[PDB]
Novice: 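Below is a structure I'd like to ask you about.
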Amino acid sequence: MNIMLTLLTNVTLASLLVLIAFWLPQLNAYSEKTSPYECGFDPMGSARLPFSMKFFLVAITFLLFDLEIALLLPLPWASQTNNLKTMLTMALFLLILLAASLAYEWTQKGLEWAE
Amino acid sequence: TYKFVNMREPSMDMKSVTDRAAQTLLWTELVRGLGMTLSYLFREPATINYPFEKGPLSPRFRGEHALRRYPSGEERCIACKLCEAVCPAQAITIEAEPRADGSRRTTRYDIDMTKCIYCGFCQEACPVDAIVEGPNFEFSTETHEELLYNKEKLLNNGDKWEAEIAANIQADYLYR
Amino acid sequence: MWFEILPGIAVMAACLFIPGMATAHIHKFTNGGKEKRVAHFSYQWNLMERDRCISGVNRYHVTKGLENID
Amino acid sequence: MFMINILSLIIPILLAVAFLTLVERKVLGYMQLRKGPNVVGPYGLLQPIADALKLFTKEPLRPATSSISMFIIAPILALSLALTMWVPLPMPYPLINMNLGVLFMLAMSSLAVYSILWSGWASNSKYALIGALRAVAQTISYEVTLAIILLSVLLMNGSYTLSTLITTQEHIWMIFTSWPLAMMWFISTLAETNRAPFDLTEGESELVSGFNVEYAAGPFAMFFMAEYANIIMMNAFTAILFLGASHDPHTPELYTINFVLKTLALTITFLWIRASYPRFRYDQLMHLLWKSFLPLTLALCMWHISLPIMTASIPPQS
Amino acid sequence: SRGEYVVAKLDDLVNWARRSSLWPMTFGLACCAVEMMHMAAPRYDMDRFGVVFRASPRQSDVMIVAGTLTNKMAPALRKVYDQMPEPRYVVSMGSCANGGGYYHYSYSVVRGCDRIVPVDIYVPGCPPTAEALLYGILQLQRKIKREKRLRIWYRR
Amino acid sequence: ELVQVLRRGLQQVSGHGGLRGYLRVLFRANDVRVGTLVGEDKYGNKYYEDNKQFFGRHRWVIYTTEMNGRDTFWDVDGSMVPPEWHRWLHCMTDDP
Amino acid sequence: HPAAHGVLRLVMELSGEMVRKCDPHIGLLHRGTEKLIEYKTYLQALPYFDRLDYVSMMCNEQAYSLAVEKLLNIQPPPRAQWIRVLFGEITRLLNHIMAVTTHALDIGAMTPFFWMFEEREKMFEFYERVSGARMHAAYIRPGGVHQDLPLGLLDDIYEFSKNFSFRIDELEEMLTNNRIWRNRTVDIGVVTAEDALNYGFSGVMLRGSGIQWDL
Ligand SMILES: COC1=C(OC)C(=O)C(C/C=C(\C)CC/C=C(/C)CC/C=C(\C)CC/C=C(/C)CC/C=C(\C)CC/C=C(\C)CC/C=C(/C)CC/C=C(/C)CC/C=C(\C)CCC=C(C)C)=C(C)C1=O
Ligand SMILES: CCCCCCCCCCCCCCCCCC(=O)OC[C@H](COP(=O)([O-])OCC[N+](C)(C)C)OC(=O)CCCCCCCCCCCCCCCCC
Ligand SMILES: CCCCCCCCCCCCCCCCC[C@@H](O)O[C@H](CO[C@H](O)CCCCCCCCCCCCCCC)COP(=O)(O)OCC[N+](C)(C)C
Ligand SMILES: CCCCCCCC/C=C/CCCCCCCC(=O)OC[C@H](COP(=O)(O)OCCN)OC(=O)CCCCCCC/C=C/CCCCCCCC
Ligand SMILES: CCCCCCCCCCCCCCCCCC(=O)OC[C@H](COP(=O)(O)OCCN)OC(=O)CCCCCCCCCCCCCCCCC
Ligand SMILES: CN(C)C(=N)NC(=N)N
Ligand code: SF4
Ligand code: SF4
Ligand code: SF4
């Protein structure tokens, strides 16, 4: 309830700022003013063409490591259990496997960008 | 002779290796750069309080142009066109004729201040110290035409700045 | 000089004082002069609801005691 | 009274953002042997007001090639999330008291990522696209490192509650306890807030204003406000997380003063770093966290899992 | 009148903000741009007055044409000027930007940037000193101070 | 000592003729330094010198509030100085 | 563009952000200097050289004067030659300050730019004292120099030179051993000595490639 009211207040304030921005000042638009900016010269192609991503493997590894951090997050509560030895073994197991994944990718050159 | 800017190798003793590892893990040179910036923060700025304070200038400074007069009030220029001949940018236009009393005086003396390169050649070639470059430099205008000076404008500049122009010429004339 | 930066930092610090102090004053104002009750768990929430029930004015911060049991 | 509390949280934040703009100007000037703004007002105190009025009275334009819907949404999202990030912060009392106060901030930061991405894509220009993809890579690296660092530091705490952070730091400081994680967290917060040396999404030298190249007038001012609010909020989070202020329940204003002073010190350190260092390359930034911070972060996470167990110092659950 | 007083105060406030917050586009052509750097330097700090370089023309208020404008460069200058949103101002600096300069009678030099864009201020010199350019900037500020757009509109 | 600096600041406050003069010189010159008055011209401009300041700040001018027919309380130009004081202020000579 | 120095149109083909080819389009600051020089005299063409490399101005003037004097079969006086060399080294200081600080600003560092540009301001004061113009002096001319030095210039130059090595040291304290600067600059734009010679490089490019050559 309170969080919803806060979110509504913030979004309303931002929208009001946009509305004031687009209606208060004097407007004068023509084709040259609204054309895309490429440092004074017309763009040769289009900005919607494919843009090669030289770190494509690191993004997938980031997805997997995001899973790893999601698994690791409930650790502060897991340390309140009586099975401390088992919990410690499992936490260290997960972190060692994550380290092994990082080392394997590093040695197999998955962290290097495409040329 | 010559010297090598970067051809030194690091010593591989344990103490030096540990020092380099401490520099790597504890960002020592980065902290040093921070300290340098902090020192400059606590230093005094070098900013002058313009327009209430002005940067230093010299008697040789080349600013706005002026046509001078003799102490009697007679114009110094004798329509000799040496400045017009020597002007690199061809910024000076001169037309002359005999005056009522027969003097060799100009009727048109134009300087295009948007064409002039402020090189000081005109005042070097003048044999009578007529055309000079005054100390004024804050004469920016809002329209292009206002920078196309003519003889009346240049004579007004000379009458306006005669004291300072005379003082500067007195100060610097023994080097010429 | 470097102390001409201070008035801007002073204004920024004065601005940053307002949120926390305002929150503390509003919490004390709306909880009868006491800290706003923290209910991170159902036990604390049930304590607050019981305080509302026994107050008789539908306000949990209205606390009763020995004069109320007898 | 809750709406009054929301306003008392929002408006001073915006005022502090404007005067942080002024303070950054003057601090950078004095570190660069200049004076900075001292003409518009007394010691330049009306400069933020003049800039805001100029920006919001200047004409905004939508590019002919732009996708207008996402072109407008992005500044709204940026400013909304910048303002929303402040609600769980205890100073010393949070506006909204959450049981998991840190995961909310992580999620809202990851959502605030998309403002720059959608503004760069919606602008429909090559410099904006380059800035957006630089943002993608930067977010990848800083997100993984930040997540694990926060996990470890809060594992020293016992829960994800910032009031519990205060209670934990009642006696000593998490900077004393875990300073290496503090260093890496400071670097990761620089990267998260897109500050130098990691100001790559909008890199003036390489790109002409980066992702906000097409933005002007009011919409641009919203991006600037969001950036500076994020700077202040992240420095406040760092102060609460690592520099715990002593709290007196009967006079809470002392905690507010201490917290504000620590946050100001951290923000001025941000400005100092910007004045001091050059700019990274974004591939070198990715290789900095993945190849240097990530191994050390994993090792320190293992160490901070083991340490409370081997020393019988596990924090209370609540 | 009450409305006249209100509009006078409002456009005094509006002109103050635009005067006190000037953002030149990061745009220099020739030797005249070095004096722009020296005006940005600590000696004549332009950041005191609220004058800050912005790279994007969208976030720029003033175009300082500092250098020679050539036939190969004129379209780009016009393009960036057009992409600058309003209100926008132009300060030509140096003889080359004012008229032709040393290269007035040339096949590849535009004899005046005012053939391309509407110029508000002309700064004379080759190059104008940093103080001369600062004087031109302050003169532009005083020119902005006299604008009465709301006062023109009220009587319109 | 900070006490000496604060006392010098108070002297600067009192050296401009009270708080009102201090505020006047602060808001129309952005500086509150006190220096020896070299002289005053016919238009009202006052000229001050302080050789202890570094070169460039050792001479300055407080412009008049009215020159010719224009109210120059706020609108002050660098072109309002007559040529002799112009030479002295731009340091083409050491003699006022 | 901030990094394009104002009049450079660098048409680049990029695969992502990797550069596939650079095609520098120049001539946006072409004025017809050589044709205008053909139309000028030898004294009237000197400011053209003053405006060619407008960061090493007295150096351009000295080169032009050397050419004209070689054609004329005359000889400047020793004092003129010494003033030429002194101001050529002052101009070299100006140019190297500009180059290093603008390079560091394109990389991302601006504080050295401001410091060394205050130093450039002092050297501009020297230029204005000798010539009356802060940068475009037109002071070195075929046959010697236009005017003699004023009676305090040598002492002020001595003071400046006395206090400048500390400024260079402060510049080095921010860049030389900084790991970010080393990452940005080390093993970037490597050119072999043979390639430099064949492509026609000169000066710092050759000496960086290791060629022991100085005019
Ligand atoms: C291309 O060739 C080249 C050039 O070119 C020719 C060059 O030059 C150079 C030379 C390069 C240089 C000289 C370097 C550049 C120069 C510098 C000085 C670099 C330094 C950079 C900086 C200092 C960064 C500054 C940049 C910016 C953009 C700062 C501008 C400020 C803003 C945008 C902030 C504006 C936003 C604000 C103020 C937000 C506030 C607005 C609000 C609405 C908040 C208020 C909200 C409220 C609700 C408040 C209301 C409350 C009320 C009314 C009640 C309050 C209570 C009361 C009592 C009042 C080179 C090398 C070159 O190669
Ligand atoms: C979508 C949002 C809804 C909620 C809005 C909540 C309040 C918003 C507060 C922020 C306002 C931001 C602008 C501040 C003021 C400055 C700009 C301004 O004045 O803009 C007004 C705009 C101004 O028009 P403009 O397009 O010329 O705006 C430019 C203004 N200047 C010149 C100042 C730059 O007014 C209008 O568009 C309407 C003018 C009168 C014509 C009325 C037409 C009929 C429709 C509306 C009237 C009611 C009809 C009822 C019957 C319907 C059925 C038949
Ligand atoms: C930030 C959130 C939005 C804020 C919304 C507005 C809040 C209030 C705005 C604050 C107003 C500040 C006014 C500042 C006055 C300028 C101070 C004084 O110096 O100006 C003089 C007078 O200025 C002008 O005459 C008018 C200034 C503005 C007059 C006030 C108009 C009414 C403002 C109060 C109404 C606010 C509510 C209505 C709008 C929301 C002329 O000075 P100037 O020549 O330049 O200086 C040259 C530099 N020198 C001195 C070194 C040479
Ligand atoms: C909370 C506030 C913290 C304040 C700290 C601020 C510090 C100063 C801020 C200025 C720095 C900001 C800009 C700098 C950004 C870049 C920083 C940086 O480069 O550091 C990374 C640096 C660079 O590596 P490279 O030179 O590229 O070498 C690569 C080799 N292939 O490398 C690092 O990752 C350093 C990591 C620091 C972690 C701390 C080191 C841990 C020390 C180990 C001792 C602790 C053991 C714990 C077990 C105890 C058992 C009893
Ligand atoms: C105590 C109670 C309250 C007291 C104060 C009450 C008023 C407060 C301000 C309310 C908002 C502004 C209201 C409208 C102001 C007048 C606008 C107007 O009529 O503009 C008309 C005119 C357009 O041009 P025109 O002359 O018609 O010619 C056509 C062009 N070829 O000229 C123009 O359009 C000029 C260009 C600028 C117009 C917009 C700016 C006007 C002033 C706004 C000041 C406040 C700004 C706040 C910004 C948001 C917050 C940061
Ligand atoms: C003009 N010169 C030499 C520049 N380096 N210019 C620049 N804008 N960086
Ligand atoms: S200074 Fe040079 S360019 Fe200017 S009018 Fe004199 S001779 Fe011609
Ligand atoms: S050189 Fe002197 S005397 Fe001869 S025409 Fe020119 S101004 Fe007149
Ligand atoms: S006016 Fe002179 S200094 Fe300016 S660009 Fe032209 S030649 Fe260079």
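Note on naming: letters A, B, ... go to the chains in the order of the sequence lines (proteins, then strands), and numbering restarts at 1 for each one. Quick note: numbers below take in every heavy atom, side chains included, and nothing from hydrogens, waters or symmetry partners. What you see here is only part of the deposit, and the contact count is restricted to that part. One-based numbering, in listed order, for ligands and for the atoms of each.
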Novice: Quick one: do you know the drug at ligand 6?
Specialist: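 That would be metformin.
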Novice: State what metformin is bound to in this structure, picking the chain with most contacts and naming it per the PDB entry.
Specialist: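 The main binding partner here is NADH dehydrogenase [ubiquinone] iron-sulfur protein 2, mitochondrial.
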Novice: Name the other chains in heavy-atom contact with metformin below 4.0 Å.
Specialist: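 Counting heavy atoms only, the chains are E, G.
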Novice: State which residues lie within 4.0 Å of metformin, judged on heavy atoms.
Specialist: E:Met37, G:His5, G:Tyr54, G:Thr102
Novice: Which other ligands and ions shown here have an atom at a distance below 4.0 Å from metformin?
Specialist: ligand 1 (ubiquinone-10)
Novice: What does the deposit name chain E?
Specialist: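 Entry name: NADH dehydrogenase [ubiquinone] iron-sulfur protein 7, mitochondrial.
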